[PDB]
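A short worksheet on the structure shown next.
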Amino acid sequence: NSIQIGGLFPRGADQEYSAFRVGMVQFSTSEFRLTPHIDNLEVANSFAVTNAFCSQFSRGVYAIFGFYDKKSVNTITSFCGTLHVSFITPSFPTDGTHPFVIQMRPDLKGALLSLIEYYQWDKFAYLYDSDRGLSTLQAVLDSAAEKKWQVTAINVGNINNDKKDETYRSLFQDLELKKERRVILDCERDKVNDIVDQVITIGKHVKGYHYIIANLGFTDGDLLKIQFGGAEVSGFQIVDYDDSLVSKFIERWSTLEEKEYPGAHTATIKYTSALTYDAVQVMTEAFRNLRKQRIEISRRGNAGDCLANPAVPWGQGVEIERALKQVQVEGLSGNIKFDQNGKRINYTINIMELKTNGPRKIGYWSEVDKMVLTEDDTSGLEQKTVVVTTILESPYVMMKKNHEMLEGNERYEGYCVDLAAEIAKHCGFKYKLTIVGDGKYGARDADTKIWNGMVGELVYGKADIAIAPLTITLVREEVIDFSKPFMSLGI
Amino acid sequence: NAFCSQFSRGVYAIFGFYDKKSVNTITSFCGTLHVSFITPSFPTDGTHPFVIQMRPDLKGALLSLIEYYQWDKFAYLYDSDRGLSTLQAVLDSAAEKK
Amino acid sequence: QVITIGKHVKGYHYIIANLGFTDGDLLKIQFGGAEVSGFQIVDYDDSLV
Ligand SMILES: NS(=O)(=O)c1cc2c(cc1Cl)N[C@H]([C@H]1C[C@H]3C=C[C@@H]1C3)NS2(=O)=O
């Protein structure tokens, strides 16, 4: 059953079309085959989108797969909601709940709100690009108003190429006026690779700055530039290279010839191509389940003008979309589920931070569950809160009256408490205030030399330091050491 | 449907309104078919040919009025259906005039 | 390698000990913030030059 479909592809989406050609024969042919008529045409001109859509409807196909631009989303929704033709896409998700659209890209916005709330920012800059749309820009301003944030949002996308070396210099020097430190980028990969190079030229990647990339292929762009900088760069991934089928596709993908499939003989892959691959899995699961339920899709006639007045559609496409919304397989993004509208739920997004060795994950974020860090505590050097022993003596070390409600190093008060804070301020270490157990100053035992008290805590390696009323004698210098004396007294 | 029907009718000059969702469809037909279109609707953003528009721009006057009232901190309630060009405009002057 | 590891901000200061100071690349650290001085024996302003 070679079933007629239609495909829309931009002039330059060569990696994506090659991944579609791979996924075409990656799994098929125990059954029905596909008849893809490919349209390597533009996406900006909605008249061209109209011509291609009426051409493929003149063909009379059952389903159309491809991309759309923000100047075409209204046209695609307006034709598909009329003519009941199910349309599937990997592009940016739509704003309104529209029928007959399945969209392969998950949400980013709740993830990005989770990331900002995890880092606990208050004031930042937001460089956005207009031509991807403004839904995230609308979403962050509401929570910025509620969560008392201070956003300086800046449009950057309409800047031409021929002034594109000094516009960024004026832009970041205006950011130097408020002395910005925290930048969220929201662009395509080309604008990211343009803006990272201009940052690394004007010298803004030292320790102190902090960058969040709002894309899905965090490692799909260049990261060898600002890897060794000093700035810290975080982003998101939906394609995790650790997994079994992922690494299988990596080995399958690397061994292909570049000449037959352009952009294929690399290690990594674009997330757009990954979703294009999973789209074939969904689309074949559809016609699989319709032969499971044995429902015939016989058109039984020709199609005609797309301008038919009034045009009348066929509701077996409604049943096609109904069976599309029930597809649940595993793919490169993980599990998939759909809503009542065609939007994706049941996804998982990995949080990816850049380190010196390279990228690494620190946690995941689900469709309902918030940010769960994976407890990756590779911090090998923790400055230990050192052991400070003392004893209760007025006014050297005294209890407070409200010690149960307070905690720890706040509970004690006196001369020695004030002194130890000065020592730790001058020396930069961490400390915890402890008490000697046996309640003594300490002397040695007869015939066994067992120093008890505050002496043996330092002799026997128990306590680390002792700021306390201790008297320099002759018999104490042999086992512990003393500084210069700080307060004189007598019997 | 209406535009294809009237160009099949052989219209010499097209006039009518548009919302935020059909603006690309009409400018994409008119740039190809070279038909003069006239409108009282909201003005566009990019310089498109064959579109005459009677509604004047606003953003310069509104920025001048904010500078005259001498403000620093305010709220801004918007609707999306007329477009978001003014919202994109006032944020840049917010970035400049702090 | 300096411009990769990020040592050309305002504060650092470099002296090139050569004769063709402009014969090498200077578009890299021109906009940095560091200050770079050197020597020339071939002056492009002159007539025969
Ligand atoms: N007047 S006092 O007892 O509180 C007192 C006693 C002393 C102080 C400082 C004070 Cl405020 N520092 C001295 C040190 C300073 C120098 C000279 C000896 C030691 C080094 N030791 S000390 O003689 O023990």
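Below, read A as the first sequence line, B as the second, and so on, with proteins coming before strands; counting in each chain starts at 1. Contacts are counted only within the shown part of the entry, which is not the complete deposit. Computation of the quantities below employed the complete heavy-atom set of this structure, encompassing side-chain atoms and omitting hydrogens, waters and symmetry-equivalent molecules. In each ligand, atom 1 is the first atom listed, and ligand 1 is the first ligand listed.
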- prompt: Which of safinamide, delgocitinib, aficamten, cyclothiazide is the molecule at ligand 1?
  reply: cyclothiazide
- request: Look up in UniProt the name of the chain with the most contacts to cyclothiazide.
  value: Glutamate receptor 2
message: Could you give me the letters of the other chains with a heavy atom under 4.0 Å from cyclothiazide? Thanks!
response: A
